[PDB]
Amino acid sequence: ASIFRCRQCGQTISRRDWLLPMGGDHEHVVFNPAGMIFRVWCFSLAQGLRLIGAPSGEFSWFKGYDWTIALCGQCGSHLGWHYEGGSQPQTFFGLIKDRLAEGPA
Ligand SMILES: CC[C@@]1(C)CC(=O)NC1=O
Ligand SMILES: [Zn+2]
């Protein structure tokens, strides 16, 4: 169990080696304004996504970062957000843990 695939279609997305402990922890449990709870795992890098629209700072869970919605590039499933415009690191991915499947490389 070392790579993460899209749970809906199997697209390769990220790797356990790429987990990023933001604020001391790779896991952040957060809510959006519609009250949905997300268990977000932070990754330094991802692939196989499609980033939609232009970045926005509104309601950002991570201070100094602007977000863009990240869909699975294959099936369109909403897998998380790409973060940018911040510092150390400038960018990273916050991916929804229960929307990924973990398994061998
Ligand atoms: C509304 C945008 C999202 C869902 C993404 C974020 O970082 N904060 C949020 O609540
Ligand atoms: Zn997919």
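The PDB entry numbering applies to chain A: residues 19-123, in that order. Atoms within a ligand are numbered from 1 in the order they appear, just like the ligands themselves.
- Drug identified at ligand 1: ethosuximide.
- Counting heavy-atom pairs under 4.5 Å, the chain with the largest count for ethosuximide is, by its name in the PDB entry, Cereblon isoform 4.
- Residue contact check: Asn50 has heavy atoms under 4.0 Å from atoms 4 (C), 10 (O) of ethosuximide.
- Residue contact annotation: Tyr83 has no non-hydrogen atom under 4.0 Å from ethosuximide.
- Atom numbering of ethosuximide starts at 1 in the shown order; those under 4.0 Å from a heavy atom of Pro51 are 1 (C), 10 (O).
- With respect to atom 10 (O) of ethosuximide, the closest heavy atom belonging to the protein is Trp79 CZ2, 3.3 Å.
- At the top of the distance list for atom 8 (N) of ethosuximide, counting protein heavy atoms only, stands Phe77 O, 2.7 Å.
- The residue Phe80 has no part lying near ethosuximide, judged by heavy-atom distances below 4.0 Å.
- In terms of protein heavy-atom proximity, atom 7 (O) of ethosuximide is closest to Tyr101 OH, 2.8 Å.
- Residues with a heavy atom within 4.0 Å of ethosuximide: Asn50, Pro51, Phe77, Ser78, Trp79, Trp85, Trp99, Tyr101.
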Quick check on ethosuximide: any N or O pairs to the protein under 3.5 Å? One line per pair.
unit_1       : atom_1 : unit_2 : atom_2 : d
ethosuximide : 7 (O)  : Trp79  : N      : 3.1
ethosuximide : 7 (O)  : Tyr101 : OH     : 2.8
ethosuximide : 8 (N)  : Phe77  : O      : 2.7

